[PDB]
Every structure is written in C-alpha cells, then in structure tokens.
*Asks:* 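Have a look at this one before I ask anything.
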Amino acid sequence: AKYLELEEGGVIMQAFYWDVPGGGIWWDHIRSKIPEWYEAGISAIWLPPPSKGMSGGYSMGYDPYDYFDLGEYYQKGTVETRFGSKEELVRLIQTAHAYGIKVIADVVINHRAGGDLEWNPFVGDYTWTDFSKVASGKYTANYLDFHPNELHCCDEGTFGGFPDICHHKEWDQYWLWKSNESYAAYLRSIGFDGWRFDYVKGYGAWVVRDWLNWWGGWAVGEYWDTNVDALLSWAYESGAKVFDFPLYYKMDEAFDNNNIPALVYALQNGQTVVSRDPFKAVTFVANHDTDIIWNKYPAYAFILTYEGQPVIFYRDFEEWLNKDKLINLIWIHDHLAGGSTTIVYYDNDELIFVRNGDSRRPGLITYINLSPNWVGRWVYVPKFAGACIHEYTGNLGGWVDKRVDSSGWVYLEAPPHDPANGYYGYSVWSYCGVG
Ligand SMILES: C[C@H]1O[C@H](O[C@H]2[C@H](O)[C@@H](O)[C@@H](O[C@H]3[C@H](O)[C@@H](O)[C@@H](O)O[C@@H]3CO)O[C@@H]2CO)[C@H](O)[C@@H](O)[C@@H]1N[C@H]1C=C(CO)[C@@H](O)[C@H](O)[C@H]1O
Ligand SMILES: C[C@H]1O[C@H](O[C@H]2[C@H](O)[C@@H](O)[C@@H](O[C@H]3[C@H](O)[C@@H](O)[C@@H](O)O[C@@H]3CO)O[C@@H]2CO)[C@H](O)[C@@H](O)[C@@H]1N[C@H]1C=C(CO)[C@@H](O)[C@H](O)[C@H]1O
Ligand SMILES: [Ca+2]
Ligand SMILES: [Mg+2]
Ligand SMILES: [Mg+2]
Ligand SMILES: [Mg+2]
Ligand SMILES: [Zn+2]
C-alpha cells in the first residue's frame, strides 16, 4: 500500500453496496478504481461474496449456492455472477496486489441457498437441501449438512428461511476450510488475503477460530449487536475483529442530533468496541445493510482521526461525498493519527480531542463542529506546548499555522458545519513540517 498496510491498521474500502449495477461489470469496474484508490492511500478492499448464488445474475452473493463457482459455470441462469466472471475477479485481485492493496473475501457460511428439493427425514418434510448438482462438483451437500440433524436441532442462529449449515459435521468443515481443497483454500489460492465473516451470530466462534488457525490473515466478523460485551466475547473467542456497531449507533445519536455528549459518554464508559479494545474494532460510517448517519463529514473525521481501524463506504467515496476530504482524512489517519486519546473539550455541538502519538505518527488535535457558524476557543494542549502547529485539512480556507505558548494554550478554530454550502465542520492540527 502507499501508506499503512492492512495489518498495520490501514484504511479499508468497502468496494460495493447493495444492488450494484449487474451484468457482470462490477469486478472490472472496481479494477478500474484500483490505481485511484492506491493514490488515495487505501490499504485493502472488501469485495462482496464472490460465489454463484441462488438468484444467479441478481444475487448479491449472500445466498450462496455453489461456493466453488466464482463466475465460470453455467447454472442459475448465468455463467458470470452478478459481479463478473472468475477470470475478471482474479484479474481484479491480482491488480489490487500489483498496487500493494490487499483483498478481503466476504465469507457467507451460516447458510446456503438455491438447493434442490429433497425429502428430509429429520424434518419430516421436503427441504431445499439438495446441493448434489452444483456445477463445480465441489462441496455437494444434503439434509445431513443442515439443522436440524442427528447431532442437534439447531445452533446459535438462523437467517430467514435459508438452510442453516451445521459446521459440526466433518464434511462441512473439510469443504469450507479444513483442507487444501476447501473454500478457504480456493479463495486464498486466487489471492484473497483476509476475511469478512457474514452473520457470525449464526454459528460458533470456534468456526472462525479454526478457519484462522488454518489460513491466518486479517479477519473481521459481522456480529450485529449493540452489546459490547457480546461483540468482544465473540472477538476473543474467534480471534477475529468485529465491526463496531455500538460506535455506529452512537455516532448517529451524536452527529445527527447535535448531541456529541452521547458519543463521548459511550466512549468513556466502554460502550463502544473501539474504546474497550481499539485493536479489535473495525469502525465505519455506513455499509450495504445500514446507512442512518446523515451528517457523514464529522463521522468520517471522527473514525479517521480516532482509534480503531476505519472502513470507507464505496458510495461515500465514489459517489456522494467530497472525495478530496476523504483523501485528506486518509492521509491524516496514516501520518498523524496515532497513540492514546485525550478528550480536550465537548458539548452539544463541539468535540476536541488529542491523539498523543506513537512511534510513527506524531499525534494530532481534532476539532469537530456541528454548528452552522465558525467556532473558536482556547484549549489546553501541553503536548504541543511551545510548538508550531499547522491545520492539515484546509477547511479553514487556506494555509493556517499557530504558535502554542510555553504553557500549552492555543486558540483553536473550526469551520461551520454546512456541507450544502461547502463547509465541512472540522479542522485537524499537528506539528508543522510533517508533510
Ligand atoms: C497501529 C495501531 O494504531 C492504533 O492503535 C493505537 C491505540 O488505539 C491507542 O490506544 C494506543 O495504544 C497504545 C497502548 O494503549 C499501550 O498500552 C501500548 O501498547 O502502546 C500503544 C501505542 O503504541 O496507540 C496505538 C498505536 O497508535 C489503532 O487504533 C490500532 O487499530 C492499530 N493496530 C494495527 C496494528 C497491528 C499490529 O502491529 C494489529 O494488531 C491490528 O489489527 C491493526 O489494526
Ligand atoms: C457423502 C456424504 O458425506 C456427508 O454425510 C455424512 C454425515 O455428515 C454424517 O453426519 C453421517 O451421517 C450419518 C448419521 O450420522 C447417522 O445418524 C445416520 O443418519 O446415517 C447418516 C448417513 O446416512 O455420515 C454421512 C456419510 O455417510 C455429507 O454431509 C453428505 O452431504 C454427503 N452426501 C453426498 C451424497 C449424496 C448421494 O447421492 C447427495 O445426496 C449429497 O449431495 C452429497 O453431498
Ligand atoms: Ca446457524
Ligand atoms: Mg463480465
Ligand atoms: Mg441518522
Ligand atoms: Mg458549543
Ligand atoms: Zn450443527
């Protein structure tokens, strides 16, 4: 990558959204963006589930049918998946690698879909559990591979009415990750570096732990819950990171309702994954399932200057927000945003905090303002005492430098929050001469 690598906490780009244009053009489209994302500082890309789904060309990949068909077998009415051909996917992955950008596979293994009808003796009725006809000829399955079966009636959870995979069966373990012929092996063989596990609340953390013991690589699990104890419990049991949904909902409460204290209190009370273990939290402002934060500028300013590992949503970067602002924040994240965090000030519409720096990043001062007016106030930041500080976003309208007195006091300023008029509501500062 250009700056920090994925394993170093680099910025991740979720390279899709719900219902992206079909026709098998997505892999090629994302490939065309790789050079631009490289220059922007992106360290890795998270791609949608790559396998042929039940809905064929209409599938977003979350209804996997033939795990080993990445768009090269004719079935479910199409050869390519909604995203493209296997060849196009491999080309995308290898192109990302050419630019030093890692690739994350979206692993959907709680359930399967598109199976044929067969008599299920455990249910006493017909179920869509016959996967004997998958065109790849790999990982066929039947009622013995789903719940209920002879081992138990169910596991941690189900997803709608889709057949629920029983990972306790050796056949399923072998085909998913526990062998050199597995789905994990296949994904790794074509270049996937890391993993994003879908609906992990639906099965045991032990599944992800064994998968990682076999293949390693960066990993995150999608555990949809606001209970931090549950998310972290899963994170430690699985050995993977978790998406910080608690932070997401708190940022909505705070930035969308002029109520920053709600966020600060959640952080201070360990009610976010990031404020408890920033090495386990994958932060985000929006994703393909939920997008409730309207005031995205202060939200991105926050996750790109605060602790944790941030993910930028495709639509925000490529379609909806001022791309230059996100490019600037990525630079700030990788060059200045390091160390512990000290909250300097906060009220309904203002948030000022300091990143104390680490071995590679000197630290910074973030000043978020939700009000439609210019704001300024004296702040006590002894870390920068007697130093020359520079504003690195340009949001004040130009080149701005300030001299912090020997005591640590300096008059900090932030622009109005009025994106409709070109004002973004935040300023970021650090030592002069960094870059
Ligand atoms: C690279 C790292 O950057 C960020 O981590 C910072 C923490 O958020 C801060 O709290 C602070 O942690 C310090 C510890 O509290 C202290 O006990 C001691 O261990 O020193 C730490 C600082 O050196 O500073 C951290 C570094 O700036 C970010 O939040 C975090 O996600 C990043 N971790 C990445 C790096 C590695 C391996 O080297 C992987 O474990 C993670 O998956 C990466 O995301
Ligand atoms: C070949 C077969 O392998 C797997 O089936 C094994 C089950 O997973 C095990 O749990 C065990 O099932 C036995 C029960 O433990 C026992 O209580 C009793 O119910 O007998 C069961 C066996 O009849 O052993 C099974 C292997 O003998 C895998 O789960 C399963 O999908 C595999 N079936 C393939 C074979 C056909 C036949 O045309 C197709 O229907 C399927 O698509 C194939 O995948
Ligand atoms: Ca399940
Ligand atoms: Mg195509
Ligand atoms: Mg909202
Ligand atoms: Mg105020
Ligand atoms: Zn089971």
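Note that chain A carries the PDB entry numbering, so the residues on display, from first to last, are 1-435. All ligand and atom numbering here is 1-based and tracks the order in the structure. For this deposited structure, the header notes the method as X-ray crystallography, 1.6 Å.
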*Asks:* Which macromolecule here is the main partner of ligand 1 by heavy-atom contacts, as listed in the PDB entry?
*Replies:*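 The chain with most contacts is alpha amylase.
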*Asks:* Got a name for the drug at ligand 1?
*Replies:*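 You're looking at acarbose.
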*Asks:* Give a yes or no on whether atom 44 (O) of acarbose (ligand 1) lies under 4.0 Å from any heavy atom of the protein.
*Replies:*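 Yes, at least one protein heavy atom sits under 4.0 Å from atom 44 (O) of acarbose (ligand 1).
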*Asks:* Please list the nearest protein heavy atom to atom 7 (C) of acarbose (ligand 1) with its residue and the distance rounded to 0.1 Å.
*Replies:* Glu307 OE1, 3.5 Å
*Asks:* Who's closest to atom 3 (O) of acarbose (ligand 1) heavy-atom-wise, of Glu5, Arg361, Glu8?
*Replies:*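 Shortest heavy-atom distance from atom 3 (O) of acarbose (ligand 1): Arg361.
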*Asks:* Can you confirm, on distance only, whether acarbose (ligand 1) has an N/O atom lying under 3.5 Å from any N/O atom belonging to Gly338?
*Replies:* no
*Asks:* Under the 4.0 Å line, does any protein heavy atom show up next to atom 38 (O) of acarbose (ligand 1)?
*Replies:*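 Looking at atom 38 (O) of acarbose (ligand 1), one finds that no protein heavy atom lies closer than 4.0 Å.
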*Asks:* Protein heavy atom under 4.0 angstrom of atom 19 (O) of acarbose (ligand 1), is there one?
*Replies:* no
*Asks:* As a test of the contact definition, would atom 15 (O) of acarbose (ligand 1) count as having a protein heavy-atom neighbour under 4.0 Å?
*Replies:* no
*Asks:* Name the closest protein heavy atom to atom 29 (O) of acarbose (ligand 1), giving the residue it belongs to and the distance to 0.1 Å.
*Replies:*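 Atom 29 (O) of acarbose (ligand 1) sits closest to the protein heavy atom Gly308 N, 2.8 Å.
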*Asks:* Could you tell me, atom by atom, which parts of acarbose (ligand 1) come under 4.0 Å of a heavy atom of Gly9?
*Replies:* 34 (C), 43 (C), 44 (O)
*Asks:* Between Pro278 and acarbose (ligand 1), is there a nitrogen or oxygen pair with a distance under 3.5 Å?
*Replies:* yes
*Asks:* State which organism the entry records for chain A.
*Replies:* Pyrococcus woesei
*Asks:* For atom 22 (C) of acarbose (ligand 1), is the nearest protein heavy atom under 4.0 Å away?
*Replies:*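 So atom 22 (C) of acarbose (ligand 1) lacks protein heavy-atom neighbours under 4.0 Å.
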*Asks:* Which residue holds the protein heavy atom closest to atom 33 (N) of acarbose (ligand 1), what is that atom called, and what is the gap in Å?
*Replies:*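 For atom 33 (N) of acarbose (ligand 1), the nearest protein heavy atom is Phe279 CD2, 3.5 Å.
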*Asks:* Look at atom 5 (O) of acarbose (ligand 1) and say whether a protein heavy atom is found at less than 4.0 angstrom from it.
*Replies:* yes
*Asks:* Should you measure from each heavy atom of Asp358, which atoms of acarbose (ligand 1) turn up under 4.0 Å away?
*Replies:* 26 (C), 27 (O)
*Asks:* Of the listed options (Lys241, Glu7, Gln309), which comes nearest to atom 42 (O) of acarbose (ligand 1) when hydrogens are ignored and any heavy atom counts?
*Replies:*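 The option holding the nearest heavy atom is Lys241.
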*Asks:* Tabulate residues with any non-hydrogen atom nearer than 4.0 Å to acarbose (ligand 1).
*Replies:*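 On a heavy-atom basis, the binding site is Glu7, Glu8, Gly9, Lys241, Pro278, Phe279, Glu307, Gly308, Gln309, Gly338, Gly339, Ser340, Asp358, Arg361.
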*Asks:* Show me a pair-per-line table, with atom names and distances to 0.1 Å, of protein N or O atoms that are under 3.5 Å from an N or O of acarbose (ligand 1).
*Replies:*
{"residue": "acarbose (ligand 1)", "atom": "3 (O)", "partner": "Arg361", "partner atom": "NH2", "Å": "2.9"}
{"residue": "acarbose (ligand 1)", "atom": "8 (O)", "partner": "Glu307", "partner atom": "OE1", "Å": "2.6"}
{"residue": "acarbose (ligand 1)", "atom": "10 (O)", "partner": "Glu307", "partner atom": "OE1", "Å": "2.7"}
{"residue": "acarbose (ligand 1)", "atom": "27 (O)", "partner": "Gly339", "partner atom": "N", "Å": "2.8"}
{"residue": "acarbose (ligand 1)", "atom": "27 (O)", "partner": "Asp358", "partner atom": "OD2", "Å": "2.7"}
{"residue": "acarbose (ligand 1)", "atom": "29 (O)", "partner": "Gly308", "partner atom": "N", "Å": "2.8"}
{"residue": "acarbose (ligand 1)", "atom": "31 (O)", "partner": "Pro278", "partner atom": "O", "Å": "3.0"}
{"residue": "acarbose (ligand 1)", "atom": "42 (O)", "partner": "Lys241", "partner atom": "NZ", "Å": "2.8"}
{"residue": "acarbose (ligand 1)", "atom": "44 (O)", "partner": "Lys241", "partner atom": "NZ", "Å": "2.8"}

